[PDB]
Amino acid sequence: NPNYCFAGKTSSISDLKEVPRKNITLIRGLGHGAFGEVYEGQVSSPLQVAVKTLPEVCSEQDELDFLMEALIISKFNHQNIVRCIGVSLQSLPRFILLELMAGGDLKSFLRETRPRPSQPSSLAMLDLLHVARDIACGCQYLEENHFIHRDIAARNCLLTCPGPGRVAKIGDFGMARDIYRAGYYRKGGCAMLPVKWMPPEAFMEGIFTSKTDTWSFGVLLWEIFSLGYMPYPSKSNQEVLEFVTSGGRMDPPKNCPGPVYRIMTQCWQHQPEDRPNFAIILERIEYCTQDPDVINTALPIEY
Ligand SMILES: Cc1cc(Nc2ncc(Cl)c(Nc3ccccc3S(=O)(=O)C(C)C)n2)c(OC(C)C)cc1C1CCNCC1
């Protein structure tokens, strides 16, 4: 059985909490993950869960990838990273049971909660700053524990609920799992890499540090403040690659306050040494939340 090391501590399949198959009920499909459907489920006042499934028709590598994902998520202990309730690997199809996030993914939340004439203040600058702070908190925990996420993006973030009081969390570690297992990428190729979220040293030299996550965080900030637009509008992966290597950077999203845009530009410094760490990113987000000129800025209303 493969071993997994995090914060200098080793774990294996035997450390995962196997939950009896009879105690799990699938309710509805929520969409698809990297390799398999994800369901809303219940574990027996039942525990509300997200059920990641492993296709029964899969290779031995798919089975080992699935196990590694369970080990990775089960070893984290942070409020801004989705909890793992357990696994059900002794029955087919195999399951990973995660904390149900009732607000769905962040990208679809921003696109659907965008202020409209119908919803005048669905969302405000403070809601965006709270999502950004929540994710920066999770990234800080990964950085302090020497774990490089490699795929910080809106599609990988989830929300506990749609309304006020929502907490944003990192809910996917598929890229980091792929690198941990083989050392490189892997199952995919050039066309599958998250090019639009990567710094120059990453796509050019294959060099990854916590400053890689800082760059991707800046891109996530743009995704947040644009209200769910795809980064580098109208540019393909190769155009982005060339644009970014030549010093090109995204313009501020529509109505973005200057102090918020300044965080993005700092995250996008060419030299990793010039980029802020997550503690500095958090201090800057915290200062933006205190500033009336930032939080009183109206979000654009989409007609
Ligand atoms: C994407 C999503 C996620 C959830 N909730 C949720 N909670 C926890 C996890 Cl781990 C999770 N995973 C998930 C779900 C769907 C597709 C892929 C994943 S994943 O684990 O592979 C990762 C990309 C988050 N979903 C979700 O939960 C419901 C109960 C609100 C709904 C959705 C969609 C449904 C169709 N409209 C847009 C939102």
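Residues displayed in chain A correspond, in order, to the PDB entry positions 1093-1136, 1143-1401. Just so you know, ligand 1 is whichever comes first in the structure, and atom 1 is the first atom listed for that ligand. Keep in mind that the numbers below use all heavy atoms, side chains included, and drop hydrogens, waters and symmetry copies.
According to the PDB, the drug at ligand 1 is ceritinib. Lab note: most contacts to ceritinib (ligand 1) come from the chain the PDB entry lists as ALK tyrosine kinase receptor. Short contacts between ceritinib (ligand 1) and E1197, defined as distances under 4.0 Å to a heavy atom of the residue, involve ligand atoms 7 (N), 8 (C).
Using UniProt active-site annotations for chain A, the residue nearest to ceritinib (ligand 1) and its heavy-atom distance (rounded to 1 Å) are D1249, 8 Å. The bulk of residues of chain A touching ceritinib (ligand 1) reside in UniProt domain Protein kinase. Nearest protein heavy-atom contact of atom 36 (N) of ceritinib (ligand 1) is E1210 OE2, 4.4 Å. Given atom 17 (C) of ceritinib (ligand 1), the protein heavy atom at minimum distance is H1124 O, 3.5 Å.
For atom 18 (C) of ceritinib (ligand 1), the closest non-hydrogen atom of the protein is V1130 CG2, 3.7 Å.
Among protein heavy atoms, the minimum distance from atom 22 (C) of ceritinib (ligand 1) is reached at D1270 OD2, 3.7 Å. Atoms of ceritinib (ligand 1) lying under 4.0 Å from any heavy atom of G1125, numbered from 1 in the order shown and given with element: 21 (O). Atoms of ceritinib (ligand 1) found under 4.0 Å from any heavy atom of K1150 (numbered from 1 in listed order, with element): 20 (O), 21 (O). Against a heavy-atom cut-off of under 4.0 Å, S1206 is close to the following atoms of ceritinib (ligand 1): 37 (C), 38 (C). Scanning the protein heavy atoms around atom 34 (C) of ceritinib (ligand 1), the nearest turns out to be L1122 O, 3.6 Å.
Heavy-atom distances show that, of the ATP-binding residues UniProt gives for chain A, the following lie under 4.0 Å from ceritinib (ligand 1): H1124, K1150, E1197, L1198, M1199, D1270.
Against a heavy-atom cut-off of under 4.0 Å, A1200 is close to the following atoms of ceritinib (ligand 1): 30 (C). Ranking the protein heavy atoms by distance from atom 1 (C) of ceritinib (ligand 1) puts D1203 OD1, 3.3 Å first. For ceritinib (ligand 1) and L1196, the ligand atoms under 4.0 Å from any heavy atom of the residue are 10 (Cl). Residue, atom and distance of the protein heavy atom nearest to atom 3 (C) of ceritinib (ligand 1) are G1202 CA, 3.8 Å. For the pair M1199 and ceritinib (ligand 1), the shortest N or O to N or O distance falls below 3.5 Å. Defined by non-hydrogen atoms within 4.0 Å, the binding site of ceritinib (ligand 1) is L1122, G1123, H1124, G1125, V1130, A1148, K1150, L1196, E1197, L1198, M1199, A1200, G1202, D1203, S1206, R1253, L1256, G1269, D1270.
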